[PDB]
Amino acid sequence: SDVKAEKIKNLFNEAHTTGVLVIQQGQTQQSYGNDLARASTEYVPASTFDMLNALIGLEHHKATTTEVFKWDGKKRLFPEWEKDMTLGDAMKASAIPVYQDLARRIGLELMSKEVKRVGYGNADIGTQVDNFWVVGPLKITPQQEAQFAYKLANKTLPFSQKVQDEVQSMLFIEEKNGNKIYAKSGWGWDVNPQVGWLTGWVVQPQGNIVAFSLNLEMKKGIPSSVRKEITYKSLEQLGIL
Ligand SMILES: *C(=O)[C@@H]([C@@H]1NC(C(=O)O)=C(S[C@@H]2CN[C@H](CNS(N)(=O)=O)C2)[C@@H]1C)[C@@H](C)O
């Protein structure tokens, strides 16, 4: 237990940054890493907000799981985004232009109501429906992200079963040794310091759900791939994977 925690602390150290990993099983959360105080600190959710954006958009018939969001031909931050996408394609790619489109369809009034009804982080979306989850004012703690993931995994969020099922399917990564992994990454590259997320859950073979939220400082020039590496190795050290 002490030896498991020390090994996870050293994963963050050897990436030359500070980070926390929150684990939820049942109604119990545990924090690991080299800055445990991050667990209860508010950060912009960045692309992790896509999960709630998708729930709200599908619940209120603003979009479907099959409709294609056409690329308008304008240069995007990543060349990989420069293509026609479904919501699920955009979830996997974290293609924010698709989720900005969806946010505008929802509109500020409905988005504010739904974020408050769910109780997501500080539940403050300010005045711009297509600019609140990357540079503020919306903030959320890793503890709150892990709790949100656990509820989505169990379909106990206050949305239809149908829409929670559809958003789970968008977040599915892989089955590994009988374990099903669901995850959304985030990188708030435009706040100082920068924030990196990986929020999701494991379904273990007998059906036990282990929710997690990794939150770390995205140092200048840090490999974006390190968020997934630290998460998977940490879950392995904990005997979750
Ligand atoms: C959302 O937070 C942000 C997205 N999110 C991500 C992200 O990966 O979390 C990016 S980076 C872009 C998409 N994924 C590629 C990196 N994959 S990996 N395996 O980590 O190396 C490149 C982007 C900044 C929105 C707000 O832009």
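All residue numbers refer to positions in the sequence shown, counting from 1. Both ligands and their constituent atoms are indexed starting at 1 by order of listing. Basis for what follows: all heavy atoms, side chains included, without hydrogens, waters or symmetry-related copies.
The drug or drug candidate found at ligand 1 is doripenem (bound form).
Most heavy-atom contacts to doripenem (bound form) in this structure come from the chain listed in the PDB entry as Beta-lactamase OXA-82.
Heavy atoms of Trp81 found under 4.0 angstrom from doripenem (bound form) belong exclusively to the side chain. For atom 24 (C) of doripenem (bound form), the candidate residues are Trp133, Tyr99, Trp189; the nearest heavy-atom contact is made by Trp189.
Within the listing of doripenem (bound form), atoms 2 (O), 9 (O) sit less than 4.0 angstrom from a heavy atom of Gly186. Distance from atom 2 (O) of doripenem (bound form) to its nearest protein heavy atom, with residue and atom name: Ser47 OG, 2.2 Å.
Contacts of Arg227 with doripenem (bound form), taken as heavy-atom pairs under 4.0 Å, involve the side chain alone. Looking at the model, one finds a covalent bond between doripenem (bound form) and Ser47 OG.
Taking any N or O of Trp187, backbone or side chain, at least one lies under 3.5 Å from an N or O belonging to doripenem (bound form). Atoms of doripenem (bound form) lying under 4.0 Å from at least one heavy atom of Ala93, given by number and element, are 13 (C). Given atom 21 (O) of doripenem (bound form), the protein heavy atom at minimum distance is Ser224 OG, 2.9 Å. For the ligand labelled doripenem (bound form), residue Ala95 lies outside the 4.0 Å heavy-atom shell.
In terms of protein heavy-atom proximity, atom 6 (C) of doripenem (bound form) is nearest to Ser94 CB, 3.9 Å. Among protein heavy atoms, the minimum distance from atom 11 (S) of doripenem (bound form) is reached at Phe78 CZ, 3.6 Å. Of all atoms in doripenem (bound form), listed by their number and element, those nearer than 4.0 Å to a heavy atom of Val134 are 26 (C). For atom 19 (N) of doripenem (bound form), the closest heavy atom belonging to the protein is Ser225 CA, 4.4 Å. No part of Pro223 comes within 4.0 Å of doripenem (bound form), judged by heavy-atom distances. The protein heavy atom nearest to atom 15 (C) of doripenem (bound form) is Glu80 OE1, 4.0 Å. Listed by atom number, the atoms of doripenem (bound form) under 4.0 Å from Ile96 heavy atoms are 26 (C). Using a 4.0 Å heavy-atom cut-off, the binding site of doripenem (bound form) is formed by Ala46, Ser47, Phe78, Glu80, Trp81, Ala93, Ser94, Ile96, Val134, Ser185, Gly186, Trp187, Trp189, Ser224, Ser225, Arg227.
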